[PDB]
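Snapshot of tiragolumab at T-cell immunoreceptor with Ig and ITIM domains.
So that the names make sense, note that chain A is the first sequence line, chain B the second, and so on, each numbered from 1.
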Amino acid sequence: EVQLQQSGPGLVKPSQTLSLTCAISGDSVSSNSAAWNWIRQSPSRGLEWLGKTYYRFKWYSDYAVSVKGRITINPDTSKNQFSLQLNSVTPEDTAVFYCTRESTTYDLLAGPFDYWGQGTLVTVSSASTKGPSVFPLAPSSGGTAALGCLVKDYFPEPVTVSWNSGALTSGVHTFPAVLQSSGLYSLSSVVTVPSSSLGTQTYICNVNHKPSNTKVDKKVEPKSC
Amino acid sequence: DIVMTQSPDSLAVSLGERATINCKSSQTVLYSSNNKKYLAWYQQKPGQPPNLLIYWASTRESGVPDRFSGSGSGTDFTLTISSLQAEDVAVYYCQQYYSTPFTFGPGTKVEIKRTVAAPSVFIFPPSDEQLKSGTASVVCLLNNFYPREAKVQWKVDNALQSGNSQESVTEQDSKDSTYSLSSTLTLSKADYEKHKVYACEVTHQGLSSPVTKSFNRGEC
Amino acid sequence: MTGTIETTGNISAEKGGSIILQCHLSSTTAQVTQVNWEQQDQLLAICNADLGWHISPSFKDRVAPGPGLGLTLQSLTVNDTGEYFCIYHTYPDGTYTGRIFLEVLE
């Protein structure tokens, strides 16, 4: 399998330029039997194709009409990657952006999308980044207890949450964030564990907010009266 | 442009039963020269990119379990899952790669039909750390229930709250096929210290009648 | 570089009709690896020696190989007016490129 690693900042101010890069491993950006595409996905519009670049003895590109004039997709042969540049963004451009390989092995000019980047959430907004505060949801009074932590007042999305540095995965529920009236997001992550563990096993949530380079570890312990 | 439509918008099938979903292209995507149908199907789970299942309308991608299969004419297509597994809950998309711009269907959400399960209800008072910072969030947790429909109501000293809470719900769990729900009531610190009883009231099909979890501020 | 290419020249055509684009490379025995057909800067089709013809998804519903060693572009629009190129990729001779101009009338 090919690996596609996306990078680039997600938060872009209105009228400025979005810039993302897709780094390819296990294939060549100049392969005669592939094309390198960008897709976007949003709740309003679903999955939409944006553009592609490909090499057939010569570099070619194709762009969707809804971004024509604003979009460039350029290959970099020395770094084995291809980039996205979208100019003059508006809040209509807010979406998850994916790079993907189109596998053109039988029809040399068309095929399905067989490998995908991990996606970059792009938020078009003039607001500044803000890291979260993390608060415990302490277990209290069948044989199972619930505990968690509350990840409050951050911008923009996303955050990631792990428990005990990734050791604890069973029974974890990390909920979708909600946007509060302040214009900042909030989410909860909870886990259910055996009551008899609470006296001895420690529970720590590890919260990472890359847009603000914030990392917080919060110990969640039973509260004493 | 070619327009892709899908039907149904969502479907729920019991564990091990057959699930089929439909796709239509507004023009034929069968190319006569090579006799290929330029149609793909993808699976997308929450937080992940789409994952290619089928291409050329009926060719299964390597690594894809063989319970997945596709067929169709030049304009009408079907994706079938012969025996629906718990890990198969996801949104499924079709897509044409016949003419520019390539276009996707709107997606069909596939879920598991299972027995009713009542939520386990937990309530969490605000932490002392948050109260020090000036605000109070009370969290009501409904864990591992089925089906998805559930109503949560907040009462403060037995007064119904409105406009000051938000909730969110997980997608169907990939192992036990349940849902979970989190609801947060947020007050100023000054408002929180004005009242004593904080209560979450849960109605669900698996509950004979509404459950209530509550606590008294500063009391155990 | 001993070869040269004779094209369809300069041709006019009526809106809504067909047109035939043709090129011939004479005066070399060289390998012809692939011909790229371009409408201005856009890839129309490739004819590859080993793997045959392939039509771009931007033209599949109106571009067809033939007659001869060329293309037929159907359902002509006024925006099809402009340059067209047949780029021959050869071994060991290199890269010959032929030009056609098309004007779509009314």
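The structure holds tiragolumab at chains A and B. Every residue of chain C having a heavy atom under 4.5 Å from tiragolumab is listed here: C:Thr33, C:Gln34, C:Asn36, C:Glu38, C:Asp41, C:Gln42, C:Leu43, C:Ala45, C:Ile46, C:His54, C:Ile55, C:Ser56, C:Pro57, C:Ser58, C:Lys60, C:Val63, C:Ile87, C:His89.
At 4.5 Å, heavy-atom based, the residues of tiragolumab that reach chain C are A:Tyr54, A:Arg56, A:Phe57, A:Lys58, A:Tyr60, A:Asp62, A:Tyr106, A:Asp107, A:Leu108, A:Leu109, A:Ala110, B:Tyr31, B:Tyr38, B:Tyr98, B:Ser99, B:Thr100, B:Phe102.
The entry attributes the source of chain C to Homo sapiens. For tiragolumab, the UniProt domain of chain C with the most contacting residues is Ig-like V-type.
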Donor and acceptor N/O pairs, chain C versus chain A (tiragolumab), under 3.5 angstrom:
| residue | atom | partner | partner atom | Å |
| --- | --- | --- | --- | --- |
| C:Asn36 | ND2 | A:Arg56 | O | 2.9 |
| C:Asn36 | ND2 | A:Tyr60 | OH | 3.1 |
| C:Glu38 | OE1 | A:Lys58 | NZ | 3.4 |
| C:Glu38 | OE2 | A:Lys58 | NZ | 2.8 |
| C:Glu38 | OE2 | A:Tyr60 | OH | 2.7 |
| C:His54 | ND1 | A:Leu108 | N | 3.2 |
| C:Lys60 | NZ | A:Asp107 | OD2 | 2.7 |

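Formally, the PDB entry designates chain A as antibody heavy chain.
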